[PDB]
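Model: Envelope glycoprotein gp120 / ligand 3BNC117.
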Amino acid sequence: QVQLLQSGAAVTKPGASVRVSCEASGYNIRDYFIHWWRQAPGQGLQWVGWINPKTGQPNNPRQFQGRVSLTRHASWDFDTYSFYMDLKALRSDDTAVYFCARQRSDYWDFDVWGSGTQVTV
Amino acid sequence: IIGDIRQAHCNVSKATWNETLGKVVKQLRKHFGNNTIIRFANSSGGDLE
Amino acid sequence: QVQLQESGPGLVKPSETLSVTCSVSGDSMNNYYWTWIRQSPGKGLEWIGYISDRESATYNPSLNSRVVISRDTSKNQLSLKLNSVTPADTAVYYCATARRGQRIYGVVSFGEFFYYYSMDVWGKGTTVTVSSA
Amino acid sequence: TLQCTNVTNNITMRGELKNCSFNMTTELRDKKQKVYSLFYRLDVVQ
Amino acid sequence: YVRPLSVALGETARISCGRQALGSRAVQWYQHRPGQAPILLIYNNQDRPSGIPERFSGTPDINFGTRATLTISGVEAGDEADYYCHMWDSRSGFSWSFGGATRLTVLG
Amino acid sequence: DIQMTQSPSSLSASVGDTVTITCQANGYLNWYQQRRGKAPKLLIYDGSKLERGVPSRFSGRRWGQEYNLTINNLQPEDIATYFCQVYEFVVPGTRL
Ligand SMILES: *[C@@H]1O[C@H](CO)[C@@H](O[C@@H]2O[C@H](CO)[C@@H](O[C@@H]3O[C@H](CO[C@H]4O[C@H](CO[C@H]5O[C@H](CO)[C@@H](O)[C@H](O)[C@@H]5O)[C@@H](O)[C@H](O[C@H]5O[C@H](CO)[C@@H](O)[C@H](O)[C@@H]5O)[C@@H]4O)[C@@H](O)[C@H](O[C@H]4O[C@H](CO)[C@@H](O)[C@H](O)[C@@H]4O[C@H]4O[C@H](CO)[C@@H](O)[C@H](O)[C@@H]4O[C@H]4O[C@H](CO)[C@@H](O)[C@H](O)[C@@H]4O)[C@@H]3O)[C@H](O)[C@H]2NC(C)=O)[C@H](O)[C@H]1NC(C)=O
Ligand SMILES: *[C@@H]1O[C@H](CO)[C@@H](O[C@@H]2O[C@H](CO)[C@@H](O[C@@H]3O[C@H](CO[C@H]4O[C@H](CO)[C@@H](O)[C@H](O)[C@@H]4O)[C@@H](O)[C@H](O[C@H]4O[C@H](CO)[C@@H](O)[C@H](O)[C@@H]4O)[C@@H]3O)[C@H](O)[C@H]2NC(C)=O)[C@H](O)[C@H]1NC(C)=O
Ligand SMILES: *[C@@H]1O[C@H](CO)[C@@H](O[C@@H]2O[C@H](CO)[C@@H](O)[C@H](O)[C@H]2NC(C)=O)[C@H](O)[C@H]1NC(C)=O
Ligand SMILES: *[C@@H]1O[C@H](CO)[C@@H](O[C@@H]2O[C@H](CO)[C@@H](O)[C@H](O)[C@H]2NC(C)=O)[C@H](O)[C@H]1NC(C)=O
Ligand SMILES: *[C@@H]1O[C@H](CO)[C@@H](O)[C@H](O)[C@H]1NC(C)=O
Ligand SMILES: *[C@@H]1O[C@H](CO)[C@@H](O)[C@H](O)[C@H]1NC(C)=O
Ligand SMILES: *[C@@H]1O[C@H](CO)[C@@H](O)[C@H](O)[C@H]1NC(C)=O
Ligand SMILES: *[C@@H]1O[C@H](CO)[C@@H](O)[C@H](O)[C@H]1NC(C)=O
Ligand SMILES: *[C@@H]1O[C@H](CO)[C@@H](O)[C@H](O)[C@H]1NC(C)=O
Ligand SMILES: *[C@@H]1O[C@H](CO)[C@@H](O)[C@H](O)[C@H]1NC(C)=O
């Protein structure tokens, strides 16, 4: 039942803005953080940041400040959410696939992931 | 509103704030390196609360 | 010490241009604002506009900007230009200065202040009459 | 539904307070009164 | 629209304009004889320029909730002029009109 | 501070043996299995604790600052990429 829906792929130009969605349905969303991961073709994973679903406060590394803006949206009955990820100005080396993890406990257990959204520039 | 239309604000002492923040950066270097650069930025987002 | 003295044409036809020139001596135009004041018999004083130092001309919105003024340092003369004179200007003009006073009532950093203008020294002035003869 | 107008004349914050008028229920529930109140910008949406 | 006022010799003249202040004010009092140039009397509610004797005084803007009154200690027969009230307010925006004139008349 | 080391860069051992990959890191450490073009899947967390849904042929243990992943009874569907994951630091894992 615990699933994280993933949005479809998108092709843009260098300088545009993208948006990747993530919908969590079958668990208690407000008690578990939602992280974002990105891996380039040929390399390993790379951390993008987390967002508190209760408050909305994001976190991002120094190499991503000013570009990525993590935003969540809750429904009226608070059973499903919509986690977004907007990039301000995509570079040429941003052609990668983005995931939607879920922190379970303090050991950072990402048990459930997303299907993945690959974007190119 | 009887009077002028003004904006609510708050005031802190700038001499006291640098003295207080100068002690937190001294105690923060015990859990990190001795020659690290400690910055202070504003909030990143969320709701207004 | 600044002295003001103006001279007008005196006679003006309807639907015709208008030019009243004011001569000022004693000091330059470095910190001195200038304005035009009109007074008709039967009513009070009427402010029509003023000129700043950086050539930013604003006028009275009740006249829908039918006048335009200018001034220069090479001639030390300021004048007024008016087109389509409605026959209601049977009045007397005044050439006076102005001072830019700042009234602060709140926080300066939030823009909680307003500017007020006061006419320190005035001029004698002359009157015009629109006649159909 | 409200009918909100601005309060501050000289624009620069112009738009923080709203002068909203609306139809409120009277203590006799067959008539209505037209009252007005001041609301902040964070409490109203278009 | 000019309003009359009759003040005899010996007493003081209390001129108050009809324009009310919706906040912090800084009024200007003028004196215009018919045919003569207008004379500035009071600016910033208390200040008198060079050429004004100790006859006129204005109410300061302290503890807002009061009115603007131009008091004249000593009436003179040569004061047959109009007294304007150029009200500058923080909430009324820019003031382009001088308001109304109070034609002070002296008896005797 | 977090320090990472990954010495088994590449190995292509056969089926039926017992292979082990190690990585030295301080703090909590989770193990993930990632296929080609698919999402990673958590196998074990906290070094030795097993996740529900993972078959019992996976096991791990720690001793100081050395975490091991024991792979016994290999399968034709158990060839993928494996990496150990500290909080925000993920090293590029190795393929079988
Ligand atoms: C958080 O922090 C922020 C700062 O970051 C705080 O914000 C500040 O907040 C205060 C109030 O909240 C604001 O103040 C008002 O300030 C104005 C301006 O003050 C200045 O200008 C005056 C005039 O300057 C003229 O003279 C100078 C030469 O001196 C000349 O260069 C210039 O061109 C001009 O011609 C100065 O006199 C005045 O000095 C004062 O400062 C001296 C030095 O500190 C001090 O020694 C003096 O004793 C005097 O205090 C200052 O530089 C004030 O004008 C204003 O006062 C008026 O308006 C309110 C409206 O309700 C009224 O109630 C007051 O009574 C006062 O009314 C007077 O002034 C009018 C104009 O002159 C006059 O028309 C009125 O009749 C009235 O006159 C009365 O009383 C005084 C008493 O001494 C008397 O001398 C007069 O003759 C007259 O009778 C307010 O005070 C700040 O602007 C603001 N920003 C800053 C500081 O950057 C905030 O408050 C903090 N919040 C908290 C919670 O802590
Ligand atoms: C934490 O600290 C940072 C940095 O100190 C603050 O950042 C700035 O945030 C403000 C508020 O959003 C930004 O201001 C505005 O920019 C928007 C987008 O920008 C264009 O214009 C700006 C210049 O204003 C350029 O820098 C930028 O590259 C874009 O070209 C505008 O849409 C906004 O317009 C709004 O204001 C106008 C009036 O000016 C209205 O008419 C509009 O309707 C609209 O309301 C505004 O101009 C600012 O650009 C940010 N700077 C940087 C460097 O990022 C954070 O705000 C702060 N956080 C908190 C919570 O305090
Ligand atoms: C209740 O009404 C508010 C007012 O519009 C809705 O809020 C906004 O949602 C739209 C659609 O995403 C955004 O474009 C606006 O920017 C939102 N407004 C604010 C102030 O954030 C809200 O979604 C409505 N509630 C529900 C459950 O739909
Ligand atoms: C309060 O209710 C009255 C009706 O009971 C509203 O008045 C009408 O508003 C419609 C809206 O277009 C107009 O067409 C009518 O001409 C109005 N009738 C009258 C008699 O005014 C009124 O607008 C309501 N108040 C508010 C603030 O909406
Ligand atoms: C705060 O106000 C008190 C008195 O109200 C004053 O003594 C103190 O100096 C003020 N502090 C600041 C930082 O304005
Ligand atoms: C804070 O104020 C003190 C005052 O002595 C100054 O030395 C210091 O550089 C200030 N800090 C910053 C970050 O500006
Ligand atoms: C860091 O600085 C402190 C000063 O209080 C010192 O005691 C400590 O030995 C320093 N650390 C190292 C590794 O030298
Ligand atoms: C109120 O002010 C805001 C900003 O100045 C403007 O966008 C809006 O149209 C104004 N509304 C009215 C009714 O004047
Ligand atoms: C981990 O495995 C290596 C060989 O792959 C072995 O040398 C080492 O002793 C093992 N460590 C533990 C703690 O089992
Ligand atoms: C912090 O977490 C690490 C494991 O990531 C653990 O070894 C350490 O004891 C923890 N610190 C505290 C104070 O609990």
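So you know, we letter chains A, B, ... as the sequences are listed, proteins then strands, and number each from 1. Displayed portion only: the contact tally does not extend beyond what is shown. When the header is checked for method, it gives electron microscopy, 3.3 Å.
For 3BNC117, every matching ligand or chain, copies included, can be listed as chains A and F. The other chains with any non-hydrogen atom less than 4.5 Å from 3BNC117 are B. Lab note: chain of 3BNC117 with most heavy-atom pairs under 4.5 Å to chain B = chain A. For 3BNC117, the epitope on chain B defined by heavy atoms closer than 4.5 Å is B:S44, B:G45, B:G46, B:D47. Within 4.5 Å of chain B, counting heavy atoms, the residues of 3BNC117 are A:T55, A:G56, A:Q57, A:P58, A:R72. The name that the PDB entry gives to chain A is 3BNC117 heavy chain.
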